[PDB]
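Below is one structure, written out as structure tokens, with a few remarks after it.
A, B, ... follow the sequence lines: proteins, then strands. Residue 1 opens every chain. Ligands are counted one by one from 1 in listed order, and the atoms in each one are counted from 1 as well. Only heavy atoms go into these numbers, but all of them, side chains included; no hydrogens, no water, no symmetry mates. Heads up, header says this was done by X-ray crystallography, 2.8 Å.
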Amino acid sequence: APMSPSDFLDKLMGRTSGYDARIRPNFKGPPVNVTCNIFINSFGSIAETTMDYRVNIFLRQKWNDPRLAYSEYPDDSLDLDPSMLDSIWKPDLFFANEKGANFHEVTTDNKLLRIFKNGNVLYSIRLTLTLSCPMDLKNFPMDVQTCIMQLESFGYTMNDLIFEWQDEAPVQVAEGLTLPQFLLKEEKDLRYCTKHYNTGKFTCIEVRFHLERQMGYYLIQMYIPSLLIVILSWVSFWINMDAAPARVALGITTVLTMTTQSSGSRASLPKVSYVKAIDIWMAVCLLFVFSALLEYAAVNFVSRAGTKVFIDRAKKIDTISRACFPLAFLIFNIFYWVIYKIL
Amino acid sequence: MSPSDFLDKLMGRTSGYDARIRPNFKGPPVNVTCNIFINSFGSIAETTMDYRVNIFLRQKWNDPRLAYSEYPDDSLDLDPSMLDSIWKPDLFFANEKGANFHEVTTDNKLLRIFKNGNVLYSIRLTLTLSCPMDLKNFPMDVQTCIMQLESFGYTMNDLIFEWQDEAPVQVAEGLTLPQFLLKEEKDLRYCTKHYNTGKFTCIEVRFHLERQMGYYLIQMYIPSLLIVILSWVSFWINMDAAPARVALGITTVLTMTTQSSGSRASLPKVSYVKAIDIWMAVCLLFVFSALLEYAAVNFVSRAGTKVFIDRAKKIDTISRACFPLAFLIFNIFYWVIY
Amino acid sequence: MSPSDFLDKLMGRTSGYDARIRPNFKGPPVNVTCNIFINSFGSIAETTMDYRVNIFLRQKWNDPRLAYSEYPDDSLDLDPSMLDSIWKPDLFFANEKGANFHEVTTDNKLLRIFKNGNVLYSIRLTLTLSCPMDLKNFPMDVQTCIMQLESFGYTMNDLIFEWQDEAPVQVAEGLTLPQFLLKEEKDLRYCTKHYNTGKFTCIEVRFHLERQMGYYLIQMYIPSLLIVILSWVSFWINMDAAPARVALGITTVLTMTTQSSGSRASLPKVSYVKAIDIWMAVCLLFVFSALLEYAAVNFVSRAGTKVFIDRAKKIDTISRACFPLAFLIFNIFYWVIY
Amino acid sequence: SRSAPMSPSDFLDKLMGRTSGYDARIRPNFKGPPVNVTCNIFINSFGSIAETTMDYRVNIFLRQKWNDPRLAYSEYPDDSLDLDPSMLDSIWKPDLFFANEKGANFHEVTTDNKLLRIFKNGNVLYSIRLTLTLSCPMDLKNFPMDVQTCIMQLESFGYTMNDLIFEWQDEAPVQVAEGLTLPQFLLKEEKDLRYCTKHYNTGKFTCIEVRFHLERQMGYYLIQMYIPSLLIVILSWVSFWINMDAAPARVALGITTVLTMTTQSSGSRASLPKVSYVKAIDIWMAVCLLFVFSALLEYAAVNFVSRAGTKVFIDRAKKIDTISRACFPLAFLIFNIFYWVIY
Amino acid sequence: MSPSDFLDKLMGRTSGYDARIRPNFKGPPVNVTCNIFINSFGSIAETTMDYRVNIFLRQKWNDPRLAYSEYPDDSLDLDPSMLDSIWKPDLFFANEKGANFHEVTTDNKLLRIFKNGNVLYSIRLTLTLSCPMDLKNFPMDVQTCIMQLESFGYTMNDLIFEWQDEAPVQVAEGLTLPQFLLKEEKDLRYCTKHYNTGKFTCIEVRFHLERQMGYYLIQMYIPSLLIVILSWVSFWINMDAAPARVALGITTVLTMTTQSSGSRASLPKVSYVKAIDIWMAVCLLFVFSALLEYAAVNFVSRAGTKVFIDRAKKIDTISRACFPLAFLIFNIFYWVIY
Ligand SMILES: CC[C@H](C)[C@H]1O[C@]2(CC[C@@H]1C)C[C@@H]1C[C@@H](C/C=C(\C)[C@@H](O[C@H]3C[C@H](OC)[C@@H](O[C@H]4C[C@H](OC)[C@@H](O)[C@H](C)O4)[C@H](C)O3)[C@@H](C)/C=C/C=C3\CO[C@@H]4[C@H](O)C(C)=C[C@@H](C(=O)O1)[C@]34O)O2
Ligand SMILES: CC[C@H](C)[C@H]1O[C@]2(CC[C@@H]1C)C[C@@H]1C[C@@H](C/C=C(\C)[C@@H](O[C@H]3C[C@H](OC)[C@@H](O[C@H]4C[C@H](OC)[C@@H](O)[C@H](C)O4)[C@H](C)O3)[C@@H](C)/C=C/C=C3\CO[C@@H]4[C@H](O)C(C)=C[C@@H](C(=O)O1)[C@]34O)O2
Ligand SMILES: CC[C@H](C)[C@H]1O[C@]2(CC[C@@H]1C)C[C@@H]1C[C@@H](C/C=C(\C)[C@@H](O[C@H]3C[C@H](OC)[C@@H](O[C@H]4C[C@H](OC)[C@@H](O)[C@H](C)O4)[C@H](C)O3)[C@@H](C)/C=C/C=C3\CO[C@@H]4[C@H](O)C(C)=C[C@@H](C(=O)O1)[C@]34O)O2
Ligand SMILES: C[C@H]1[C@H]2C(=O)N(C)c3ccncc3[C@H]2CN1S(=O)(=O)c1ccc2c(c1)OCO2
Ligand SMILES: C[C@H]1[C@H]2C(=O)N(C)c3ccncc3[C@H]2CN1S(=O)(=O)c1ccc2c(c1)OCO2
Ligand SMILES: C[C@H]1[C@H]2C(=O)N(C)c3ccncc3[C@H]2CN1S(=O)(=O)c1ccc2c(c1)OCO2
Ligand SMILES: C[C@H]1[C@H]2C(=O)N(C)c3ccncc3[C@H]2CN1S(=O)(=O)c1ccc2c(c1)OCO2
Ligand SMILES: C[C@H]1[C@H]2C(=O)N(C)c3ccncc3[C@H]2CN1S(=O)(=O)c1ccc2c(c1)OCO2
Ligand SMILES: *[C@@H]1O[C@H](CO)[C@@H](O)[C@H](O)[C@H]1NC(C)=O
Ligand SMILES: [Cl-]
Ligand SMILES: [Zn+2]
Ligand SMILES: [Zn+2]
Ligand SMILES: [Zn+2]
Ligand SMILES: [Zn+2]
Ligand SMILES: [Zn+2]
């Protein structure tokens, strides 16, 4: 008859085992090789203001512990109760760019422990992580962001512990996982982030996600409504020059609506000190609207004396402006959209 | 037999019971029958794309090691501290963003065992669950929010989940949602997962949430009508009054833009066209056209000759009937489509 | 007898006491008498539809195993660490959204035992309780917020809750709420629950919260009067001044819409008509009619003939008396109804 | 013959450990008079004073002193001994809680922020660092020239007055960190001390109280509230120097000042709780609104009496502006004299 | 010697080691040498007057009880669970508002011991530290944020802190702050505390944060210029156009007030004059004077006599050159001062 599980666990890692979790596998020999892979269950809360993003993952860690090799059962592997994780050695993996992180204990510890005949261990744990993602917003809202995730050892130096991504499918994403503001690109870069502190040299592996911001929201809520205000400023040119309060009021309100439009769009962003692509658009839209008001300043000023010579001279400005600003604004959009579509 | 001695022999020191070993450990998978009582349902957020729920999660399964003959009682209600001593499933919620137990004034847990070794295990949980939303038809949209009950560590050969046949999901009497109607029919299905670590049991319940329309009539649709109707009073005003007709034309356009942008403030920044965007867009055309109407009236009437003053006067008389007509025709189409 | 030896024999190692067994375990249900002291009452949120409270929860019951004769004292005040050694009820709050104990500087708990085995158990708790609100009469509404004390694991045959006869709910002296008046009368009743797991004891207290009106007079009703009264000054202005009368008519309409929408910002998005919606709607009619009044005046006076200029002049003289009259008549109705 | 003094390990074991027979569940002088606990606090930080939630936050060192005869020692000549704070679990100590506490926490980084010192005669000094959010009911009648009294109640939860009594130190019970400033308030030097002895249906419990006096700084409200209101009132007066024929200009100027004043008034109430009594800022805004609203009614009169273009009425209307030009600046100055003198 | 046996003899059961006793307990104070690695630096809030940091805190000291000769290794890297078995300093952060350890996936701690008994102890911490700010020169202000490392329980005769001589504070490569520049030079000093409980070791590091100006040029200073320049176009407009010049004068004043008040929204309510208040105040004078300029032009030109119409015309011609000049002179002064 085969050995009872209770007796087996006691002899392998319990009281009678002589197993010490404070000693690493191959303790006098070469470093432990931990093979990592992650399953991304959820990806979101991508905040420009706080410059971070949230992720829910299953972190898988694989390594060999010869002390856990067994011959008592024919099974290729054994699925163990996760309470046995406290009894075995395991890597001290932490996330270097983590701002917040927690385990999941409902309804029980969200953990998995599997051991193989030859002493291989599979250790999966569910984690929620808030990771820092420094952003370059120069091309906002046509920007593309690279958010990273660093898996590092806190206490073991490179001679004792080394991390490594799986060869096949290191990062997996849940089927049908969508982000409302971004597109998560299929290609994820993998690299080493090996750290050198004054305490020594520590293993660190990295994955980089590429996030492309979706443009459609900004067309509807930012670019189209700015067009509306610029087009509105042009109706001044089809209005009678004698109607001063109407043309001025129409010129002012477009300028002020454009400033609140511009400042309101910057409300959901961090206070960076470089020029963004949306700042260029709003600046130029503000010129075209501001020029339409200066256009009437000229029309009102040259037409002071009611002599036909000046009334017609002022009339000439409106006829030119009626064609030139719509032309000049179209020329600007050609340049603008080509620059941020080509580059 | 004294309860103290009984508990010791069944699951305590003298029992030889090992909670690290599942029931029927060398045999077929443990069949866990689940049912939930929804105590509270709310915090349905479009922005963060999730909802909050307070539930009693009931789990039923058979553990032959816990069968008893010492008492005639069909079942025994045990102190929940004994839950630490017995095996139980590792149920987690796959789409959970936040979750907690309830420990006031004591652990909000229930443990009941039956003669034949059946276990009833109820626990009170608060869960924040993710609910991806399709807002194409907002605010006449209907949302499907799910809840996945999954095993983290046991594969399908060791552990299987299953909904109760009779009344798997129960809702507290008189439970109302201020923004939504929770439909009576809940879909039940399997979400069985296949990871690189293996095949894991997963069962799913889908709630159907129908957004209540009344709020948006009062705070969104009626006040937009008011601005469109306001733009039409321009057509009954004297054409000579340029500042009045222009100012009235502008303010309606700007009030309409702030109205439109303000309605999008409580929503996530999605990149598709919503039903409210169509309404505001068209309302903006009718108000913007009313201003362009005066641009025409002011332009054709430049020279004070009677021929043009009457020609300009003709535009207002047509516009007075045509925009109210055209706007009514639009509402017929709009409300019929959705 | 030394206290150390006494505690050891009553509930410790040598006692044979088992906290997993209830008092009168083979007999009738344990009668727990509850009373609460409300230390703090506030954070009453309409949006999230809940309120926060800080209380001392007192529980009284008899455990014959804790009867003593070793000391003449009527009762003994025990160190609260002994609460872990005795049986106690599993009271939870059914409508609790959040709850916590208080551990600074030590556990905020009290344990007192009496000669005959009676136990007094007081614990300080902060609770966030759900309070579904009816805002039909807002801001002249009155709200009923409840608090349910329930057993999670014991059925009615094993455990029954009951309010004290004398002063079950006590309130700290000078406790005031800035937005509400907490009425002196609190309703007490049974909320006995029937789940598929059985029948569970539940007792309930209902607080009546009357919203204070003064804030809304100053920040909502008076400023709306100001805008309505402002619209009437148009009628004392020259009819030739089109831009002035129109601009004055528009700005009052738009100020009234932002006034109306801004007042709904601190409320949940409910789909029924509130009393404040009626007021703002009617105020909007009187302001909107004042603008339509000038549309008529400007339209009938097109040709500068004396017959129409006087006919248009007649409208203003009637309107000067009729709208102030009609608005006063509306307030008579409105304030009398609510 | 001078033998070696007792080892600390053995000493702690005999005083409060295994061999001691010490029971932390029994109070000092258990069959005798009440334990006299002498309290004092050091205020490390004082802030987050919120009108809306009606509370304030404080970081303190809470010192408690009392005598436990069981902890008297003669084995060392030292007047006192500084003990590892893990020994706090082994001794009896008071059950002090803060009666008006809405939130409270200990500090465990990098170790427990606690101090335990014992004296030859059995006196104990126990200091613990706490962050507390305390409720402070506010009277805003005189806001923003209001003065607030925020209290802090130290109470026993489980011990009645016959077993436990609290008492402030005679010398310097409340100490404040040097250079501690509050941006919105001035913390007055004088702190009131008194008894808050509680009588519940569970009995009579010791309670001692400290009252802080917080005087709100006026400078912020001059710059952001009072001066900008003056600007709008002064702006309304420029109407009186404008031509009476210019109806749209005088009306538009009259309206915009009224509406700017309402948004000014409602915006100032945004950071306050929704109280149902009249505040001092409500009086100011109300009167400022009268002066601006009267300036518009002034033109209603000017426009109405001057209907027919006859010289008699045009001059009669002209007389109103000349009186108003001097009377409103006078009347507004008279109001400020009254207003600022009252508060 | 096996590691298990070695740890048992050095600090475990057979060791006789007592973590409640400090190294050199009857002798001179323990000298703890501190150094920090700044992994992250941010959340610098003016409103709450604090900042957040993520660090590795390194502590070095000698414990002769931990000296070893059993292995030739210069040092040994120990499992961090052994930290509970050894004595270590009670370092706390005096100006800490919030602080936490990091336990994912295991305790983020490092323990290394040397032959001679030296200990290296590194722990990862997130800290929210208070940073009182002087905003007199905002937004051209420079801030000094400090970090105090103090002993809570040990007086100066038992425990002394000290910064490392070489590289006490290290910063992660490529660490940038979006609003500030973290200066390379960090001041180090002693903050030794004297309470009524005694004299306690305290060492301090001061970071110098220079606020980046570019954001405020784009979102604050340039848009204010735009409104001031807009006010000047009034001077090229016909004096007969009263509603146009007044409306243009008003809207610039009101846009400037909302501009000014909106810039103060992200700041604490301090009662001293800031540099941005001076700028907005002066910008408000130039815009307010442009409106008073027309009050003069409209008033002196009452009677249509050529003498006054030209006299009023003279004011505009002077104002057209003088305000652009005077505003340029102001900017020369302003930007040179700060
Ligand atoms: C000269 C200003 C007057 C008032 C003109 O303003 C207007 C029209 C009327 C006037 C003629 C409108 C104005 C923009 C200007 C034109 C300006 C630009 C096209 C850009 O800026 C210029 C000058 C600027 O150096 C001050 C310079 O950046 C420097 C410093 C930078 O460090 C961060 C550095 O990276 C760089 C290398 O070098 C830049 C390259 O080039 C453009 C960047 C300005 C955008 C401004 C805005 C966008 O939204 C802002 C806000 O939400 C609002 C309410 C109004 C906008 C506005 O006010 O827009 C706003 O502030 O035209
Ligand atoms: C008809 C609208 C035109 C544009 C008129 O608008 C104005 C004046 C000009 C036009 C003549 C102004 C308008 C109110 C209307 C008159 C309307 C009422 C007195 C009330 O509503 C009516 C119709 C309503 O049914 C559409 C009906 O509800 C029932 C049936 C519904 O099912 C069909 C059902 O769901 C619901 C639960 O029970 C009701 C009993 O009775 C009143 C309730 C409307 C209030 C509206 C408002 C209050 O604040 C809102 C907002 O903050 C804002 C910015 C402006 C307001 C406004 O716009 O106020 C506002 O939106 O007059
Ligand atoms: C007299 C005001 C009239 C209405 C003038 O207002 C205007 C133009 C029109 C009028 C002529 C506009 C006004 C500024 C003033 C001129 C004022 C200054 C240049 C400064 O202030 C003066 C007086 C001030 O003492 C009241 C004094 O502070 C000292 C002494 C105080 O002890 C008496 C003491 O407590 C204090 C701590 O230190 C100071 C040194 O000097 C300047 C500081 C004022 C700035 C004001 C503002 C900036 O943004 C604010 C707000 O976001 C807004 C909406 C409008 C602004 C405004 O309203 O700006 C605003 O409120 O001109
Ligand atoms: C065996 C451990 C550790 C130890 O406790 N001792 C006594 C020795 C003895 C001889 N040589 C090395 C050690 C150290 C290192 N090994 S270990 O490689 O298994 C180990 C164990 C735990 C660790 C660690 C390294 O880095 C930080 O956490
Ligand atoms: C008996 C357990 C587990 C174990 O510890 N041992 C020693 C053996 C021995 C032989 N065959 C299988 C095992 C595994 C599996 N069984 S179990 O089915 O009861 C079990 C128990 C706990 C588990 C688990 C599976 O997966 C998740 O956590
Ligand atoms: C004695 C307990 C409980 C138990 O553990 N056993 C062994 C028996 C034995 C015989 N009859 C009943 C029991 C049950 C019931 N009793 S109890 O009434 O004291 C009890 C104890 C704990 C409970 C509970 C009821 O409801 C839920 O939590
Ligand atoms: C000695 C304790 C407590 C106790 O456990 N016993 C057995 C007795 C015996 C005789 N008289 C009184 C007691 C009580 C009271 N004393 S005590 O004064 O030290 C005490 C100890 C702990 C307490 C308490 C009072 O009230 C709050 O919690
Ligand atoms: C040895 C400890 C402590 C102690 O427990 N005893 C018995 C004595 C005996 C004689 N002299 C001093 C003591 C005190 C002080 N020492 S200690 O320096 O190692 C120490 C240990 C722990 C401490 C502490 C001081 O202050 C803060 O917490
Ligand atoms: C602590 O050690 C440093 C060198 O590591 C030394 O310079 C300093 O003097 C020591 N401090 C004391 C108080 O002895
Ligand atoms: Cl206007
Ligand atoms: Zn790539
Ligand atoms: Zn369905
Ligand atoms: Zn009642
Ligand atoms: Zn005082
Ligand atoms: Zn320096």
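For ligand 2, the correct option among posaconazole, volasertib, golvatinib, ivermectin is ivermectin. Contacts with ivermectin (ligand 2) are greatest for the chain named in the PDB entry as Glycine receptor subunit alpha-3. Other chains within a heavy-atom distance below 4.0 Å of ivermectin (ligand 2) are, by letter, B, C. With a cut-off of 4.0 Å on heavy-atom distance, none of the UniProt-listed Zn(2+)-binding residues of chain C is close to ivermectin (ligand 2). Neighbours of ivermectin (ligand 2) among the ligands and ions, at a cut-off of 4.0 Å: none. When the transmembrane segments of chain C are numbered from the N terminus following UniProt, a heavy atom under 4.0 Å from ivermectin (ligand 2) turns up in 2, 3.
A heavy atom under 4.0 Å from ivermectin (ligand 2) is present in none of the residues that UniProt lists as binding strychnine in chain C. The site surrounding ivermectin (ligand 2), defined by heavy atoms under 4.0 Å, contains B:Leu217, B:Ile218, B:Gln219, B:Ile222, B:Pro223, B:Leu225, B:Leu226, B:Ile229, C:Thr257, C:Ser260, C:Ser261, C:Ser271, C:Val273, C:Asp277, C:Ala281, C:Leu284, C:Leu285, C:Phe288.
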